[PDB]
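Here is the structure we will look at.
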Amino acid sequence: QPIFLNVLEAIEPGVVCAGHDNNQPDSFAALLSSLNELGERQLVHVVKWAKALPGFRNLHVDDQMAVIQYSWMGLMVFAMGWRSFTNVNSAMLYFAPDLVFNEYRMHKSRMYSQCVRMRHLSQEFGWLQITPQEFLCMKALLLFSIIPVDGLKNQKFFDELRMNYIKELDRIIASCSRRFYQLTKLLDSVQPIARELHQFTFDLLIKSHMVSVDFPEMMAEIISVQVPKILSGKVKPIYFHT
Ligand SMILES: C[C@]12CCC(=O)C[C@@H]1CC[C@@H]1[C@@H]2CC[C@]2(C)[C@@H](O)CC[C@@H]12
Ligand SMILES: Nc1cc(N2CCCCC2)nc(N)[n+]1[O-]
């Protein structure tokens with residue numbers, strides 16, 4: 001319909017596999033190493049997605065990387081939750097076609113609770129009958145949903161961008177307002193999830209030698225330089241609802 005929807009559809013990243021060896025048995029080290037690797041792979045695509053987003057180049061260059069660097073966990077969880085929805089109706093987590101988590105992997109990854117949280121999120125796409133277009137605008141909005149408490153290098157450009165992505169979400173919803181409450185509530189629910197994964201990946205990186213869980217270059221860096229900013233409270237999500 002609009003140029004906006006056109007673009008989100010056009011730029012939506014395709015299939016990313018994890019490289020996981022599905023012949024080897026399930027083990028914390030194998031699974032988490034494959035996850036970390038899927039993380040690196042998807043990071044590459046999120047950067048490119050983000051950069052091709054309407055209005056994105058309005059942001060100051062510093063803010064362009066910051067915003068991505070802070071929001072990846074949520075975008076990735078969110079996108080994954082939708083894959084898990086469309087591909088398997090939320091019965092398992094469809095991280096990638098070569099890394100689908102059944103309950104046994106949920107428990108073997110040592111992230112069962114976090115996993116059940118994501119499965120639930122995935123179910124929400126069903127329970128609310130989220131349209132493919134609702135999904136894409138929502139995921140777009142997620143990128144503008146976490147920021148330093150100090151604001152950004154150029155706070156005004158960000159606010160404008162964030163304002164218009166809200167407007168678009170609203171235009172594509174357009175009592176019809178329970179809809180908006182719900183979706184905004186759905187969006188807020190990504191954040192407590194991402195915070196758990198944040199603490200978890202961080203702890204994991206710290207003891208990563210002691211468990212033989214393997215971290216790739218870009219993952220290690222972001223998790224040690226950027227993720228701690230979030231957990232120390234220097235960077236916080238923007239919630240719709242208090
Ligand atoms: C973002 C990823 C990787 C890609 C994805 O589809 C969503 C998923 C959610 C769990 C993350 C994982 C990357 C590796 C992490 C960060 C692990 O170290 C702990 C939790 C994992
Ligand atoms: N789909 C939902 C949504 C939902 N709410 C989402 C938004 C408002 C607060 C909780 N609660 C329940 N039980 N289900 O099944």
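Counting begins at 1 with the first residue of the sequence. Only heavy atoms go into these numbers, but all of them, side chains included; no hydrogens, no water, no symmetry mates. All ligand and atom numbering here is 1-based and tracks the order in the structure.
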Legend entry - Binding partner of ligand 2 (most contacts, UniProt): Androgen receptor
Legend entry - Drug listed at ligand 2: minoxidil
Legend entry - Drug or drug candidate at ligand 1: dihydrotestosterone
Inset, instruction - Could you tell me which atoms of minoxidil, counted from 1 in the order shown, lie closer than 4.0 angstrom to a heavy atom of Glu124? - result: 1 (N), 2 (C), 3 (C)
Legend entry - atom 10 (C) of minoxidil protein-contacted, heavy-atom criterion under 4.0 angstrom: no
Inset, instruction - List the UniProt domain of chain A that dominates the contacts with minoxidil. - result: NR LBD
Inset, instruction - Specify the protein heavy atom at minimum distance from atom 15 (O) of minoxidil: its residue, its atom name, and the distance to 0.1 Å. - result: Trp127 CE3, 3.8 Å
Legend entry - Protein heavy atom at shortest distance from atom 8 (C) of minoxidil: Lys185 CG, 4.0 Å
Legend entry - Flag: protein heavy atom within less than 4.0 Å of atom 13 (N) of minoxidil: no
Inset, instruction - Please list the residues near minoxidil, using 4.0 Å as the heavy-atom limit. - result: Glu124, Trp127, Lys185
Could you go through minoxidil and note, for every N or O atom, any protein N or O atom closer than 3.5 angstrom, writing the atom names and distance to 0.1 Å, or 'none'?
from	atom 1	to	atom 2	distance (Å)
minoxidil	1 (N)	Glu124	OE1	3.1

